[PDB]
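A look at one PDB structure holding sorafenib.
To find a chain, count down the sequence lines: A is the first, B the second, and so on, and within it residues start at 1. Counting starts at 1 for both ligands and their atoms, in listed order. Only this structure's heavy atoms are used, side chains among them; waters, hydrogens and symmetry mates stay out. Structure method, as recorded: X-ray crystallography, 2.2 Å.
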Amino acid sequence: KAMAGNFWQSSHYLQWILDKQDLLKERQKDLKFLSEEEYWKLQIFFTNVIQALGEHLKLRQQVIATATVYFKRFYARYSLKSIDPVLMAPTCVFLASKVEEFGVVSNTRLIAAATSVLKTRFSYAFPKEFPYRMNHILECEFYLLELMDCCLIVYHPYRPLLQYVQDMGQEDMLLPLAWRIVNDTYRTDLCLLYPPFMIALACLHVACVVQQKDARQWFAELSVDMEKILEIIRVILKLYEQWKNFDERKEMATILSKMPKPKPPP
Amino acid sequence: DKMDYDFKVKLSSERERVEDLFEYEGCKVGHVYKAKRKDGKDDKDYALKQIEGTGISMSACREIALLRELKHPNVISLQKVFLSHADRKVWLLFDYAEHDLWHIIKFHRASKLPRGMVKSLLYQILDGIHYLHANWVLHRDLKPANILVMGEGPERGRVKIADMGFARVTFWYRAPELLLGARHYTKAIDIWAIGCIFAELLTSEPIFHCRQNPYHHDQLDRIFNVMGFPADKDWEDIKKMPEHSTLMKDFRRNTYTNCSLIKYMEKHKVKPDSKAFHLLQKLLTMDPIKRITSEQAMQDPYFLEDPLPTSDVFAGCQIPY
Ligand SMILES: CNC(=O)c1cc(Oc2ccc(NC(=O)Nc3ccc(Cl)c(C(F)(F)F)c3)cc2)ccn1
């Protein structure tokens with residue numbers, strides 16, 4: 001696949017691996033409206049919306065992942081009020097599908113998919129029907145491209161994970177669990193802060209601990225900073241406790257009402 | 001509009017517009033323009049391409065996605081993308097390449113190509129394509145018009161591979177497997193085109209020149225008139241090609257019995273025992289699994305033989321084009 005093996009001179013690496021302190025500083029704008037807890041709940045929520053959109057459209061996981069990174073990059077820089085995330089979510093899916101060479105989702109199929117998914121899976125949060133049309137998608141797409149500075153190729157932890165488990169010789173035992181943990185990392189900021197291979201290693205380690213597989217020796221003979229891996233592991237462990245404590249369907253209507261909304265023309 | 005007002009007006013105030021930064025009044029060489037900076041603190045020539053169609057098509061997304069990541073001296077550099085929000089048009093900015101290989105060859109076909117220059121062109125094309133292939137990027141439309149060459153300036157005589165019809169007719173550079181209905185583009189298909197270009201550089205004429213769905217009878221006929229008709233041992237899986245049956249019906253081996261690349265190149269003054277010819281022959285192999293790779297080709301002793309390839313393809317000479 002295109003640009004595989006080029007991560008270290010990629011736009012992903014060189015422009016879109018952000019500093020945590022920069023990220024949180026830009027987030028302070030929105031944290032005047034939402035608590036930190038509410039902010040990480042909102043992130044979980046839109047991760048899930050994008051995954052649902054992707055599944056409905058039958059997109060491969062990598063396209064969904066790319067769409068999710070586009071969404072995160074945009075709100076890493078700008079406030080939730082700049083563009084309605086309900087509009088940005090399907091716009092990200094649409095652009096990612098084109099970039100990943102899967103196809104241009106038709107106008108009516110994109111709008112029908114967003115309308116259906118919000119109505120079927122998310123009616124607890126959205127009592128009104130998806131109000132946006134394709135002209136809004138196309139306008140949003142331009143703002144998205146501009147913000148990302150046309151940095152469209154995104155690397156993910158799935159490929160390195162695949163290589164790691166094959167090396168262990170534990171494809172059948174550990175791959176399904178570790179892959180699923182990788183999906184779950186998209187509920188957090190991790191993909192903005194660390195190279196994908198590190199996230200892959202953290203997910204695989206957690207999978208090993210969960211399945212009681214001894215892989216100490218294997219991890220020991222890697223030439224990577226295990227301090228960074230351990231930071232990533234702690235975020236993963238935390239996301240499951242957050243998952244446990246969060247009732248999305250009960251909380252999201254209230255949290256969405258707290259989001260700052262777009263100012264109208266004066 | 002449902003977007004935040006302050007957000008919108010801030011971005012529109014700060015947004016770079018092509019019509020502010022560049023003067024392209026006429027000079028229409030979608031559509032590509034020769035452009036100069038309006039600021040003036042820059043005397044270098046630029047090329048601007050407006051993408052055909054509104055918004056961003058599949059091919060447009062891909063062109064932008066790839067060029068944004070690709071970085072190599074022999075692949076054209078995307079300097080900037082301008083997004084025109086009012087008309088939803090997309091503009092690509094590149095450094096202007098004075099020359100291209102189609103005009104270079106036409107000039108020499110008309111005056112009648114120095115051997116040092118041929119070798120250096122070939123080496124740099126191979127270098128660029130080797131980089132693309134290593135990143136699993138296929139060109140899919142190599143031909144002289146897509147081989148640019150920089151003029152006077154800091155990159156004098158440097159080849160820049162471009163793909164100026166990425167969105168979308170001559171079949172002179174198309175590998176035979178595509179003419180027999182092959183369903184996927186491959187690295188080998190690019191290598192065959194490079195071989196066609198090399199032959200054309202050596203003789204000044206397109207080797208598979210032919211009069212103007214995948215099956216093209218006259219083009220294959222021209223390929224066989226030059227190469228001969230492949231024996232089963234030369235291309236064992238030719239029988240797996242979708243149009244193989246059609247080929248058998250239309251063609252007979254006996255028609256091309258006195259044909260070979262040796263005989264073709266001999267009547268164009270290229271010596272069969274030259275390192276040039278032997279390289280060319282490894283590039284123009286009918287069976288794509290028997291074609292040399294771009295990296296293997298760069299290692300060929302042709303490039304170690306006097307004269308060595310130069311970073312400026314015009315090295316040791318002046319530019320008459
Ligand atoms: C006489 N001078 C000129 O005519 C001239 C014309 C110019 O116009 C251009 C217009 C468009 C392009 N766009 C690409 O090339 N897009 C591309 C897409 C995919 C892939 Cl894969 C590639 C790659 F990698 F193969 F290179 C390249 C390049 C040049 C510029 C400078 N000079």
Checklist entry - According to the PDB entry, what is the name of the macromolecule sharing the most 4.5 Å contacts with sorafenib? => result Cyclin-dependent kinase 8
Checklist entry - Which other chains show a non-hydrogen atom at a distance under 4.0 Å from sorafenib? => result B
Checklist entry - Which residues of other chains have a non-hydrogen atom closer than 4.0 Å to sorafenib? => result B/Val32, B/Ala47, B/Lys49, B/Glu63, B/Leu67, B/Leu70, B/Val75, B/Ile76, B/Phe94, B/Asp95, B/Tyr96, B/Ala97, B/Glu98, B/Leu132, B/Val137, B/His139, B/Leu148, B/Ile161, B/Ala162, B/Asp163, B/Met164, B/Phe166
Next on the checklist: Using a 4.0 Å cutoff against the non-hydrogen atoms of B/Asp95, which atoms of sorafenib qualify?
Outcome noted: 31 (C)
Checklist entry - Among all protein non-hydrogen atoms, which one is nearest to atom 29 (C) of sorafenib, and what is the separation to 0.1 Å? => result B/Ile76 CD1, 3.5 Å
Next on the checklist: Please list the nearest protein heavy atom to atom 21 (Cl) of sorafenib with its residue and the distance rounded to 0.1 Å.
Outcome noted: B/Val137 CG1, 3.6 Å
Item to check | Sub-4.0 Å atoms of sorafenib with respect to non-hydrogen atoms of B/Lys49 | outcome: 10 (C), 11 (C)
Checklist entry - At a 4.0 Å threshold, what atoms of sorafenib neighbour a non-hydrogen atom of B/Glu98? => result 1 (C)
Checklist entry - Nearest protein heavy-atom contact for atom 23 (C) of sorafenib: which residue, which atom, what distance? => result B/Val75 CG1, 4.2 Å
Checklist entry - Closest non-hydrogen protein atom to atom 9 (C) of sorafenib, residue and atom name please, with distance? => result B/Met164 SD, 3.7 Å
Item to check | Minimum-distance protein heavy atom relative to atom 25 (F) of sorafenib | outcome: B/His139 CD2, 3.4 Å
Next on the checklist: Please list, in number order, the atoms of sorafenib under 4.0 Å from a heavy atom of B/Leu70.
Outcome noted: 24 (F)
Checklist entry - Which UniProt domain of chain B dominates the contacts with sorafenib? => result Protein kinase
Next on the checklist: Give me the residue, atom name and distance of the protein heavy atom closest to atom 15 (O) of sorafenib.
Outcome noted: B/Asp163 N, 2.7 Å
Next on the checklist: Among all the protein's non-hydrogen atoms, which is closest to atom 7 (C) of sorafenib, and how far away is it?
Outcome noted: B/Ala47 CB, 3.9 Å
Checklist entry - Is there any N or O on B/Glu63 that sits under 3.5 Å from an N or O of sorafenib? => result yes
Checklist entry - Which UniProt active-site position in chain B is nearest to sorafenib, and what heavy-atom distance, to 1 Å, separates the two? => result B/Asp141, 8 Å
Next on the checklist: I'd like to check whether B/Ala97 has a polar contact with sorafenib, where a contact means an N/O of the residue lying under 3.5 Å from an N/O of the ligand.
Outcome noted: yes
Checklist entry - Hey, which atoms in sorafenib end up nearer than 4.0 Å to a heavy atom of B/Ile161? => result 26 (F)
Next on the checklist: For atom 24 (F) of sorafenib, what is the closest protein heavy atom, and at what distance to 0.1 Å?
Outcome noted: B/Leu132 CD2, 3.4 Å
Need the list: sorafenib N/O atoms against protein N/O atoms, distance under 3.5 Å, rounded to one decimal.
{"from": "sorafenib", "atom 1": "2 (N)", "to": "B/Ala97", "atom 2": "O", "distance (Å)": "2.6"}
{"from": "sorafenib", "atom 1": "13 (N)", "to": "B/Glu63", "atom 2": "OE2", "distance (Å)": "2.9"}
{"from": "sorafenib", "atom 1": "15 (O)", "to": "B/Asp163", "atom 2": "N", "distance (Å)": "2.7"}
{"from": "sorafenib", "atom 1": "16 (N)", "to": "B/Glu63", "atom 2": "OE2", "distance (Å)": "2.8"}
{"from": "sorafenib", "atom 1": "32 (N)", "to": "B/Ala97", "atom 2": "N", "distance (Å)": "3.3"}

